[PDB]
Every structure is written in structure tokens, then in C-alpha cells.
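Let me begin by presenting the structure, written as C-alpha cells, before commenting on it.
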Amino acid sequence: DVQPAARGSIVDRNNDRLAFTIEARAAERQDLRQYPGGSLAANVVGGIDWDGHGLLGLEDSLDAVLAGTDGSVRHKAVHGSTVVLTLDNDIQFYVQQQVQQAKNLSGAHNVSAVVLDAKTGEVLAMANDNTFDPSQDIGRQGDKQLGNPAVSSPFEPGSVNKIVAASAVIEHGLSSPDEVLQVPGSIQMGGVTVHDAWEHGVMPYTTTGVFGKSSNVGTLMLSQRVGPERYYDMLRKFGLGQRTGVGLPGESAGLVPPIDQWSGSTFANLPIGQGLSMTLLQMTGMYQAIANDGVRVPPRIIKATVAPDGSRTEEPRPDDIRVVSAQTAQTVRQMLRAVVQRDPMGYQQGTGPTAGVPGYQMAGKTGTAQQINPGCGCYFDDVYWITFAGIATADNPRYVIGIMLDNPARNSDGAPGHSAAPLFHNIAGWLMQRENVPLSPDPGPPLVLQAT
Ligand SMILES: *C(=O)[C@@H](NC(=O)[C@H](N)c1ccccc1)[C@@H]1N[C@@H](C(=O)O)C(C)(C)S1
Ligand SMILES: [Co+2]
Ligand SMILES: [Co+2]
Ligand SMILES: [Co+2]
């Protein structure tokens with residue numbers, strides 16, 4: 001009497017299969033969910049329950065699309081539609097592996113990474129370490145990551161948030177990359193005292209140097225030019241505090257205190273990335289806006305669906321959001337090249353020189369945010385979220401890469417320190433090689449971070 005719907009498959013952007021059903025035997029007919037890549041993108045894909053319906057991930061959030069409706073004899077069975085993700089399996093595989101070995105080499109509690117297409121915001125890779133294997137019983141995998149922290153688990157961003165301040169001082173004509181500043185080693189602001197990660201007297205940092213060296217004091221002085229209203233407006237325009245609508249279950253909205261609830265010290269904290277939280281995806285989406293000439297395209301992982309006949313419907317594109325002018329975006333892309341600039345004299349070196357890839361105008365920003373002590377209601381002194389976000393490349397944005405390390409003892413590559421810059425180096429360099437993207441013989445002249 002019953003005519004069963006055949007579950008749809010989940011494939012990547014080139015129709016490479018992530019999950020698909022085969023017919024088998026034991027009721028007697030029994031359909032088996034196949035996961036050829038095992039753990040590949042399982043944080044996104046999810047896994048099957050006993051009855052062949054989704055248990056978690058997109059298998060469950062898109063179950064109705066994937067499961068179809070059973071027929072009867074008279075009503076025809078509607079077989080499940082196929083879901084085409086924006087993921088590129090080759091990129092996801094490389095990224096997911098690097099993320100696992102960044103966690104191993106650095107001693108972090110977790111490591112995650114997101115790769116966006118610069119112009120379109122599509123999610124080309126989304127990975128975390130320790131990813132469960134959906135071809136195996138979930139109940140034996142309590143020691144595994146069963147979910148998708150890149151969208152579900154916000155953190156305080158620290159210094160990667162400085163893109164907002166930088167975008168606001170440029171867009172509002174309030175400063176320029178080459179402006180020579182005078183930056184003390186500390187200031188009192190909003191009732192509190194803010195210090196730079198190194199002690200120094202008044203330093204002739206350019207605006208380029210404030211972000212390339214990640215001066216908190218410098219960021220805040222430039223932020224006083226913007227004011228709370230214009231800065232809070234730029235936060236909101238950058239997408240923070242609000243879900244992206246990427247199409248993944250369990251997405252968090254993060255957390256931005258609204259301006260009418262600020263305390264006297266909120267403005268002293270937000271421009272340096274403390275006092276607010278965001279997801280890795282929101283973090284990478286901020287850099288997507290800048291990569292896309294100031295136009296933010298909310299990220300999306302569902303590319304299209306194919307009906308049982310074979311007809312394809314593309315997913316509807318989200319509307320553009322104008323965060324900053326194209327001129328502003330280009331100027332911020334170029335400033336951020338200072339973060340990867342190397343200088344043996346130290347003077348004109350940014351915080352993330354290991355992130356540069358020679359022959360390419362790489363551009364990014366490091367961060368080191370303090371985590372909250374759960375048994376205190378106060379910040380740890382030596383527990384951090386490490387964070388990197390970058391664009392490949394400044395002069396021709398193709399890829400946006402966002403990385404977070406949960407409190408590593410070492411670099412992502414195992415060298416001493418605490419930086420995520422080596423992992424951006426690995427992934428961005430590999431993305432350029434595999435597309436045979438051409439080098440550039442001249443990098444331009446070095447950027448000036450520090451005047452006289
Ligand atoms: C942004 O991430 C800033 N970090 C801080 O002010 C932290 N409170 C801090 C953590 C650890 C040591 C010193 C300060 C600046 N950006 C960092 C980075 O770009 O990696 C920094 C360590 C240069 S300070
Ligand atoms: Co009927
Ligand atoms: Co240390
Ligand atoms: Co290298």
C-alpha cells in the first residue's frame with residue numbers, strides 16, 4: 001500500500017556528494033545513509049536517525065526538503081529534493097585538516113575556520129577540530145564535536161574588531177592611513193584606564209600603524225573622533241548582534257549592548273573588541289564587507305535545490321548592505337596589509353608578519369581577547385581567544401578567511417607564541433597556488449606604521 005519517498009542527497013557546489021541513500025535489506029527494505037567523506041563537513045551536514053530522518057545538522061533542519069512525502073495506492077510519492085551547498089569539498093577538506101592540526105600543534109581547546117567567497121559571501125568552507133563521524137553511532141562519540149561552533153558559539157573578538165573603528169574613521173573623513181598620530185602608552189577613558197600590550201611613551205604611529213601594531217590607545221583616540229552614535233551605527237551595519245540567516249541550525253546572534261544601555265565605560269571597550277560577542281561567521285562576514293568594496297553580502301551555505309525530476313532552483317541571494325564606500329573599503333584593505341608587513345628593524349612590522357604570503361597583497365588583522373573567568377564574573381589574565389581574519393588579496397579580493405583558536409599554548413603551527421597568523425598563511429597561500437593566481441613582482445613600497 002505505501003510507496004516510500006527516496007531521501008534526497010546533500011552535495012557540494014560541484015555536485016560532489018556529501019550524503020546520499022542506498023537501498024538495502026533487513027520491515028525488510030532498509031535505506032542506508034552513506035557519508036563518503038566521513039567527517040568531512042559533518043559539522044554542517046549532520047547525521048541520520050534510526051528511521052532515516054535527520055538527527056542533527058542540515059539532515060534535520062532540511063529534513064522536510066530531503067525526506068519528501070510518502071505515496072500511497074492514489075497519491076504519488078514525492079522523492080526528496082537534493083540540497084546543493086555552497087561548500088567546495090576540496091577547500092573544506094584542506095581547511096578541516098589544517099584546523100585539526102592547528103588544534104594539535106597549538107594546544108588550543110578548540111579551533112575553527114570559515115572561508116567566504118569575497119564578492120558573494122558564500123561559505124566555501126566551515127570547519128572545527130574534533131568533528132564527529134556521521135557514519136558511526138553518535139552515542140559512542142561523546143568525546144567528539146557534534147555541532148557547529150563557527151555559527152553556534154560566540155566569543156569576544158578583541159582586536160579583530162578594530163576593522164569597525166578603522167572603517168568608521170576613514171568613511172567619515174576623520175583620518176587617513178598616513179596621518180601621523182601621537183599615541184601615549186595609556187589613557188583614561190570612560191572612567192577606565194586602557195593600556196597597550198607593550199609599554200611605550202608617546203609614539204608617532206600612523207593610523208596605518210595603529211591597526212598594524214594593534215595599539216588599543218590609538219584605536220580609542222581615533223574612536224573618540226567617531227563618537228558613540230556613529231560607531232554603534234557601524235557595528236550594526238557590519239552585521240553584529242544579529243543572525244546572518246546563513247541557513248544553518250543553531251546559529252547564535254552574538255551580543256552587542258545597545259547604545260541606550262551603554263555604561264560610562266562601554267565605549268572604552270567595544271572598539272578594541274571587548275564587551276560584545278560574535279560568532280566566527282559574523283567575524284568573517286565583517287571582512288567580507290570590506291573585501292566586497294564596502295558592500296556586505298550576508299553569508300549563505302545553501303546554494304540551490306534540485307527537484308526529483310532534475311529541475312534546479314537557485315537559492316535567493318540576500319540583499320546587499322552598504323557598510324562603507326568602495327573607496328573606504330579599498331583604503332582599509334590596503335592599511336591592513338601593514339598587519340602582515342615584515343621589518344627586521346621591528347619599526348615597520350605588524351603583529352602578523354607570518355600571515356603574509358610573498359608575491360601577494362595579503363591583508364588581515366590579529367586579535368587576542370581575554371576570556372571571562374566563570375567563577376569570578378571577571379576577565380582571565382592569561383586565557384585568550386586568538387583570532388585572525390584576512391582577505392586574499394587586497395588588490396583583488398577572492399577569499400575571506402576567519403580563524404579562532406580557543407586559548408592555545410603555541411602558534412597554530414607549533415612555534416612558540418599564541419598567533420593564528422600561521423594558519424591564515426597556510427590556507428591563503430594554498431588557495432592562491434591551486435587557482436594559479438598570479439604573483440606581483442613589486443609589492444609597492446613598504447607601508448609606514450611608525451613615523452619619527
Ligand atoms: C587586541 O586583540 C588587543 N589585545 C589586548 O588588548 C588584550 N587585552 C591583550 C592580551 C594579551 C596581551 C596583551 C593584551 C591588541 N591586539 C593583540 C593582537 O593584535 O594580537 C595584541 C597582543 C598585540 S594587544
Ligand atoms: Co486521496
Ligand atoms: Co605566552
Ligand atoms: Co609558507
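By convention here, the first residue in the shown sequence is residue 1. Numbering of ligands and ligand atoms starts at 1, following listing order. Determination method: X-ray crystallography, 2.4 Å.
PDB records name the drug found at ligand 1 as ampicillin (open form). The chain in largest contact with ampicillin (open form) bears the name, in the PDB entry, of Penicillin-binding protein PbpB. There is a covalent bond between ampicillin (open form) and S159 OG. Residue-to-ligand polar distances place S159 within reach of ampicillin (open form): an N/O pair is separated by less than 3.5 Å. Listed by number with element, the atoms of ampicillin (open form) under 4.0 angstrom from any heavy atom of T366 are 18 (C), 19 (O), 20 (O). Proximity of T368 to ampicillin (open form), defined as any heavy-atom pair under 4.0 Å, is shared by backbone and side chain alike. Each of the atoms 19 (O) of ampicillin (open form) lies under 4.0 Å from some heavy atom of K365.
Nearest protein heavy-atom contact of atom 12 (C) of ampicillin (open form) is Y384 OH, 4.2 Å. For a threshold of 3.5 Å applied to N or O pairs, the pair formed by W198 and ampicillin (open form) contains no separation below that value. Among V194, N216, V383, the residue whose heavy atom lies nearest to atom 6 (O) of ampicillin (open form) is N216. For the pair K162 and ampicillin (open form), the shortest N or O to N or O distance does not fall below 3.5 Å. With a 4.0 Å cut-off on non-hydrogen atoms, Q274 does not touch ampicillin (open form) at all.
When each atom of ampicillin (open form) is checked for a heavy atom of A197 under 4.0 Å away, the hits are 13 (C), 14 (C), 24 (S).
With the cut-off at 4.0 Å and only heavy atoms counted, the binding site of ampicillin (open form) comes to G158, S159, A197, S214, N216, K365, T366, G367, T368, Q370, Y384.
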